[PDB]
Structure formats: C-alpha cells, structure tokens
Protein chains: 2
Amino acid sequence: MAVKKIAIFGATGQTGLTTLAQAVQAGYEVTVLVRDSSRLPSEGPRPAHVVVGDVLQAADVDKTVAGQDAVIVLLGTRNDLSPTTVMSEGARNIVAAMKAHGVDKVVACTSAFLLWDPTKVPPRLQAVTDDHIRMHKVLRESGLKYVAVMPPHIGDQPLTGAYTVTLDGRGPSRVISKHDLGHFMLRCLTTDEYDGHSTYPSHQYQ
Amino acid sequence: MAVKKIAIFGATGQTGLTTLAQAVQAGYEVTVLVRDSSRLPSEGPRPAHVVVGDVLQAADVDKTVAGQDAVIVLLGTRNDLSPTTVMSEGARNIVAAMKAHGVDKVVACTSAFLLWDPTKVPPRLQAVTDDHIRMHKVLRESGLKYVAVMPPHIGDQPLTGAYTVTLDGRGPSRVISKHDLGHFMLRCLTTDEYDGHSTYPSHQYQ
Ligand SMILES: NC(=O)c1ccc[n+]([C@@H]2O[C@H](COP(=O)([O-])OP(=O)(O)OC[C@H]3O[C@@H](n4cnc5c(N)ncnc54)[C@H](OP(=O)(O)O)[C@@H]3O)[C@@H](O)[C@H]2O)c1
Ligand SMILES: NC(=O)c1ccc[n+]([C@@H]2O[C@H](COP(=O)([O-])OP(=O)(O)OC[C@H]3O[C@@H](n4cnc5c(N)ncnc54)[C@H](OP(=O)(O)O)[C@@H]3O)[C@@H](O)[C@H]2O)c1
Ligand SMILES: O=C(O)c1ccc(-n2nc(-c3ccccc3O)nc2-c2ccccc2O)cc1
C-alpha cells in the first residue's frame, strides 16, 4: 500500500481547496479536474497536473483518472434545489475510468444525512441528498475499495487533526472543519481500515 | 440620521413587529419584505415601503435591499421546528443583494444555541439550529459588516433599553424581551463596535 498519485474531483470547492493544499504539502502528486482553471489560487500550493473538463464528460474523467493510485471525490452541485444527477452521473464516469485504468481506491464525500432519518432532510436539500444516495450506491456496487465519507456541517475552524471518526454510524459531535475533513480524506489514503465502511468525522471546536 | 433607510426581513414576526414599530418611531425609513398571505396589521405602524414576495426569491430580496443603508434580519419559522433552509437560503440572497447594491451593514438574528456545546442543544430545536448555523456561516463568510445577534429565550417582557450585551459568549441571564431584542437590533445600526462579533443580549425583568 503506497499511494503517491491521486486525482481530486471538486478541488475548487471549499473542502477541495484545502484538501488539495494539504495533499500538495504532504507530497502527493495531485491531478485535478476543473471546469475553468482561473479559480485555482495562483499563490500557495499548486497541483502537479490540471485537466480542464467536466466530470459529466467521460473522456475528461478518463484523462484525470489515468495513472492514479487513488481518487478523492469532493463533488457537489452548489445550489441545486430540484432533481439533479450531476454527482451520480459523475460517479458513474469515475467508476468506469477507475476500472479501465486499474485504480482500486476511492474516498468520496456525500453527507451525514445518509445516516439520519429521511425526515431530517430540509425540503430544499432533498434533491441533492437523493443524488448523494444515488452516488453512494454507484460507488458501493462498483466493487472498488470505497471509503464513504459522510460529514455533518462543514465549518471553517482551523485544522486540528484531533477529530472523532465513527464507523457505520453517526458520532457525538455535529460539526467538522473543512480543514479537518480534508485531513481525513487524505488519512483514508494511508489505510484500508475504512474500506467498505461509512465514516462520520466530527470534532469539538469549543 | 446617517443610517436612515433600512430593510427589515421578518418584520411581521414576533420580534419584527416591535422592531418595525420602534424603527418607525425613531425616524427610520423602513422597507419590509412580506409574504403575500401575511401582510402587516392594519392598525399598526406603517413602513415607508412594502415589497410583497419571498426571501427565497433573489428578485424579491434585491427589490427590498436596493437603496438601503443597512439590513436587519429577523427571519424565522414561527412555532415550526421542522428541517428548513429558509433562513440560510434567505441569507444567501440577502448577501448577494447587499453586495450588488453597496450595502455593508447587516444585523441578523440566529440564536444563542450557536454558543452552546452542540451535544447540549435540545433535540427538538436541532433542525432549526442547523439552519441558524448555516445562516451564520453564510453571513460570516460574506465579508460584510455583520453583527451576529444570538439571543436566548425571547419573551414578552417590556422594552427597557437596560439589557446586558455579552460579546462572543453566553451572558448572565437566559431571557431577552422581544422589545429589547428589537431595540438592540436597531442600536447595532448606530455603532461599529459589534461588527464581526457575536452578541448575546439578555436581561432580568424586575
Ligand atoms: N455544506 C455542508 O455543510 C455539507 C455538509 C455535508 C455534506 N456536504 C456535501 O460535501 C460535498 C463537498 O461539498 P463542498 O461545500 O466542499 O463543495 P463545493 O464548495 O460546493 O464545490 C463543489 C465542487 O464540485 C465541482 N463541480 C460541480 N459540478 C461539477 C462538474 N459537472 N464537473 C466537475 N466538477 C464539478 C465544483 O466545481 P466548480 O468550482 O467548477 O463549480 C467544486 O469544485 C458536497 O457533495 C456537499 O453537498 C456539504
Ligand atoms: N425564544 C425564541 O423564540 C428564540 C430564541 C432564540 C432564537 N430565536 C430565533 O430568533 C429569530 C426571530 O424569532 P421571532 O420569534 O422574532 O420570529 P418569527 O415570529 O418566527 O417570525 C419569522 C419572520 O420571518 C418571516 N419569514 C419566514 N419565512 C419567510 C419567507 N420565505 N420569506 C419572507 N419572510 C419569511 C416570517 O413571515 P410570515 O409572517 O409570512 O410568517 C416572519 O416575519 C428566529 O430565527 C428564531 O429561530 C427564537
Ligand atoms: O444560552 C442560553 O441560555 C439559551 C440559548 C437558547 C435558548 N433557546 N432558544 C430557543 C429557540 C426557540 C425557538 C426558535 C429557536 C430557538 O433557538 N429555545 C431556547 C430554550 C432553551 C432551553 C430552555 C428553554 C428555551 O426556551 C434559551 C437560552
């Protein structure tokens, strides 16, 4: 087990940007798929490789997944309020490209709403949650080594690295810093302990 | 009056109605956004301008924020404890409209539960608190001059002007009257001392 090359999908998002920065600082050779390159910061840590394209475009995903050791998925659809399939269709393209290229490890973020009663989901988040569920099923039925990361509210607190991780359930805390969440996405690259499990990271930021 | 034209969101609510009355008495030129089925009472004080629409429509929020000096946010769900995103989505529309119209000052009410240990928030209030948390992050990340008003129980005791304002922590009493809360929302328009802080107003009525 030695992951050196990773693809990150969703690297321009709030969690993606800090996951990308941390990965670069730790020494990973990171490839990102971005739809427009000007949103990547021009100062600080930069990825080794940039593919310009869409997770909905199978060829763009293929170019991104080729030659990787593992994939991190931090896709989201920003403000869709009504039925949407971007994340699950992108997950299908990711799965197909990982198969074609022999990449066997994927760490993907959905939501802790998948661990709660469906009546906890606010009405205007039901569509996105539904597609998270579709994307989770896609990844679980793929047969790939899949770590399901299902975070509660994503905050802006500083990196601590001291969060809780609860397997196949929700945990006591109900927030995770975007920085701590990115930290855990990368921690999942260094072990098979979470493979096949759903994970809930959460921490105290008093 | 350096701040003269204000938008109030939630003016028909418990705290809104007395905030509106006090603003009009103090000489503010008040614009309100009201939902079509829920106008202001016929006998009560009259705002200068009424927009009929929904905080969930960007166009209605834009009409309400255009030309203002400052915004007060007293949105809420009345007695309804169901999951919701009306406050966080409304705040996103308010931020965008403020940025487009050159309005910097936003005084917005969430709840003192944002200062609690999360494991201690009553489960019955967790869904509403989750949207207050989402709303607070939207406003904190906006870069606007944002006063985060985080009250404890809102009661029916009198207007006093004599309440305690505790910065960035819980205060010494567990109640604030709706009239004192509205008085404090208006006070925040006339100083910069609470910008970028959380504020907990509270009082002992005797
Ligand atoms: N906000 C929360 O508290 C919370 C809580 C639990 C779970 N989640 C979920 O966790 C995940 C990460 O969320 P986040 O807030 O960090 O994400 P985010 O800031 O909304 O960014 C989403 C990422 O996905 C990219 N993206 C969207 N559509 C794409 C497409 N067709 N092709 C390629 N890339 C695309 C976006 O690229 P662009 O920059 O090009 O748009 C961006 O990089 C999301 O699925 C979210 O729903 C969020
Ligand atoms: N002890 C407490 O009650 C307590 C304690 C701490 C914090 N809080 C929080 O304090 C805040 C203010 O509470 P409150 O009791 O004064 O408020 P409220 O009586 O619940 O009034 C809510 C206001 O928001 C309006 N509103 C709701 N949805 C809207 C929409 N889609 N578009 C436009 N306007 C909308 C309502 O309009 P309609 O007239 O059309 O309904 C009403 O004017 C709330 O966020 C509450 O959660 C309450
Ligand atoms: O920091 C403190 O002391 C403190 C913090 C929060 C409260 N809130 N806010 C609420 C509340 C009610 C309706 C909508 C949103 C809300 O947030 N309900 C309570 C409440 C909590 C415990 C017992 C009685 C209550 O009325 C009171 C005090």
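Labels below follow one simple rule: chain letters A, B, ... track the order of the sequence lines, proteins then strands, and each chain is numbered from 1. Counting starts at 1 for both ligands and their atoms, in listed order. Keep in mind that the numbers below use all heavy atoms, side chains included, and drop hydrogens, waters and symmetry copies.
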Drug at ligand 3, among roluperidone, deferasirox, parecoxib, selumetinib, netoglitazone
deferasirox
Determine the main partner chain of deferasirox by heavy-atom contacts and give the name UniProt assigns.
Flavin reductase (NADPH)
Contacting chains for deferasirox, heavy atoms below 4.0 Å
B
Which deferasirox atoms, with their elements, are less than 4.0 angstrom from a heavy-atom of B/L125?
11 (C), 12 (C), 13 (C), 14 (C), 15 (C), 16 (C), 18 (N)
Quick one: does B/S111 get an N or O within less than 3.5 Å of an N or O on deferasirox?
yes
Provide, to 0.1 Å, the distance between atom 26 (O) of deferasirox and the closest protein heavy atom, together with that atom's residue and name.
B/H153 ND1, 3.6 Å
B/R78, B/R124, B/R174: member with heavy atom nearest to atom 24 (C) of deferasirox
B/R124
Which UniProt NADP(+)-binding positions in chain B have any non-hydrogen atom closer than 4.0 Å to deferasirox?
B/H153
Organism, chain B, PDB record
Homo sapiens
Heavy atoms of the protein only: does one fall short of 4.0 Å from atom 22 (C) of deferasirox?
no
Around atom 9 (N) of deferasirox, find the nearest protein heavy atom and jot down its residue, atom name and distance.
B/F113 CE1, 3.4 Å
Ligand-residue contact atoms, deferasirox with B/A112, heavy atoms, under 4.0 Å
1 (O), 5 (C)
I need the closest UniProt active-site residue in chain B to deferasirox, with the non-hydrogen distance rounded to 1 Å - can you help?
B/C109, 8 Å
May I ask you to list the atoms of deferasirox that are less than 4.0 angstrom from any heavy atom of B/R170?
1 (O), 2 (C), 3 (O)
Heavy atom of protein closer than 4.0 angstrom to atom 19 (C) of deferasirox:
yes
Decide whether an N or O pair under 3.5 Å exists between B/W116 and deferasirox.
yes
Would you mind checking which non-hydrogen protein atom is closest to atom 28 (C) of deferasirox, with the distance to 0.1 Å?
B/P152 CB, 3.5 Å
Around deferasirox, which residues have heavy atoms within 4.0 Å?
B/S111, B/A112, B/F113, B/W116, B/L125, B/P152, B/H153, B/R170, B/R174, B/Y200
